[PDB]
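In what follows, a structure is listed as structure tokens, so that the remarks can point back to it.
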Amino acid sequence: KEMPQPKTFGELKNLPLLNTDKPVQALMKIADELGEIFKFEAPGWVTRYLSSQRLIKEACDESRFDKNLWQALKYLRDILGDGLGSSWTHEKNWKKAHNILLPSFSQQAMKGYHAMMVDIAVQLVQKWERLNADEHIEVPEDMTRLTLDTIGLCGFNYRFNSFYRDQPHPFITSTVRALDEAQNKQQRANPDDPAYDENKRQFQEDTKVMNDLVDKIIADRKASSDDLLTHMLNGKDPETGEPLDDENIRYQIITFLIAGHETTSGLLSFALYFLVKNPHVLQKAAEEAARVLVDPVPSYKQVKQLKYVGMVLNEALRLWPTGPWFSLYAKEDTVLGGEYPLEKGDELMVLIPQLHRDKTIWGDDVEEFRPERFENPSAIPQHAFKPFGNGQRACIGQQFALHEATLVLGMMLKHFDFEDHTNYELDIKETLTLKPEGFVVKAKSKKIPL
Ligand code: HEM
Ligand SMILES: C[C@]12CC[C@H]3[C@@H](CCC4=CC(=O)CC[C@@]43C)[C@@H]1CC[C@@H]2O
């Protein structure tokens, strides 16, 4: 009945427990101690963190709970406005943009993106083919080169040309710094203190970087396509008959450029990490890649046939879902789990990595990397596996991400053997989205021509 809560610090309430650069990992440790639900209060906000499938299945009932803008997401509205992921479900532009953009993620759209995804994937493989003997690969850095370029090209017919730069693209640097600031601002007792004026200035500078790139993309399109940008500019919502206005279009462009790259780069990076730490799994995945990818360019159908590679990616998303949060609020008063009364408006936060370690669902070996868990996906209980969120606010990009990641990981496993040459110790960096910081490998080419 009474809800668990970690210790408080006077008027700071629970906030000092989140003074860390790894908040999801810190909150997982609180869930370890307190169980499937605990309340957390800051001077500015209150939420309840959920970790069990039993309770999360209830939170995913859209007749009782709607998507909530949790604190860091509210901060991102300064950049993303009422773009798709940062709008309330009841905000006019959510359903409008959802209706206008959903056909850009049809299976037919995916088939149309395939050749562009191959273009960027081939650039990754060629970069690695061209390294010298004394070199290694910076894995998340190169995955982010690939995933930013892929959403640029597929979504906007724009080439970031990230493989032509040996430093991250400036859009990446500004994305990391802005999302890091949204993460950190949550932990500040007094965010309007002038101590944080320099953080505000930098956040505005990163916002201007993003908006300058949006201007270039828009100018490029004028000076040149059936893609996301086409639908932003020309589509009409079939419900309201209305188009997106120019202000919301700008928010959507930034929205898709950010969301289209970071979680997918983290996934590819974690997937490669788990493969080199589990060589027998790597061998099985590499065997599938060689058996299926018989042509120099993978076809759309061949990527759909990479079943074990798909299982590898799902299992990586099980252990470290790379956007590890989604938040709900109670639409009306209701009792959660038969035990915890909630009031209309009360916030819930789904701790996805902890959901994915629910032993009553997965068994006791929750920490083992075992892609065979996903051999028969219909055998996984409803709402036990939620790396893409829930309901009408689930990830619109889920099929895009998985097709890109399956294609790229398949080509990687076809073209190289991998060495964990530093015996890398997993260090998970959090800037809202997760990545294995510092993960490096050496690739030995299998000498298979493109
Ligand atoms: C493995 C990669 C990905 C993961 C783990 C992921 C995860 C998520 C999650 C958890 C949400 C729900 C957030 C919430 O409820 O507050 C979401 C929403 C979203 N994702 Fe992704 N995502 C991935 C890839 C992508 C890609 C490639 C795109 C774009 C092409 C994308 C665009 C979006 C957008 C626009 C939303 C908001 C949807 C809406 O509210 O209408 N994501 N994603
Ligand atoms: C806001 C957004 C959907 C929610 C994303 C956000 C990028 C950062 C992010 C990381 C997470 O760990 C949870 C999901 C969030 C909070 C995405 C940027 C554009 C998309 O609309």
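Residue numbering for chain A follows the PDB entry, covering 3-226, 230-455 in order. Atoms within a ligand are numbered from 1 in the order they appear, just like the ligands themselves.
Against ligand 2, the chain with more heavy-atom contacts than any other is given by the PDB entry as Bifunctional cytochrome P450/NADPH--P450 reductase. The name given to the drug at ligand 2 is testosterone. Protein heavy atoms come within 4.0 Å of atom 20 (C) of testosterone (ligand 2). Distances between N or O atoms of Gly87 and those of testosterone (ligand 2) include at least one value under 3.5 Å. For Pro329, the heavy-atom gap to testosterone (ligand 2) drops under 4.0 angstrom. Protein heavy atom closest to atom 18 (C) of testosterone (ligand 2), with residue, atom name and distance, is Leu82 CD1, 3.8 Å. When hydrogens are left out, the protein atom nearest atom 4 (C) of testosterone (ligand 2) is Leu75 CD2, 4.2 Å; that is the closest non-hydrogen contact. Covalent bonding of testosterone (ligand 2) in this entry: none to a chain.
When non-hydrogen atoms are compared, testosterone (ligand 2) lies under 4.0 Å from neither the backbone nor the side chain of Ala74. The residue-level binding site of testosterone (ligand 2) (heavy-atom cut-off 4.0 Å) is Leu75, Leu82, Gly87, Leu181, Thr260, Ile263, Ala264, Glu267, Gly328, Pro329, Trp330, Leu437.
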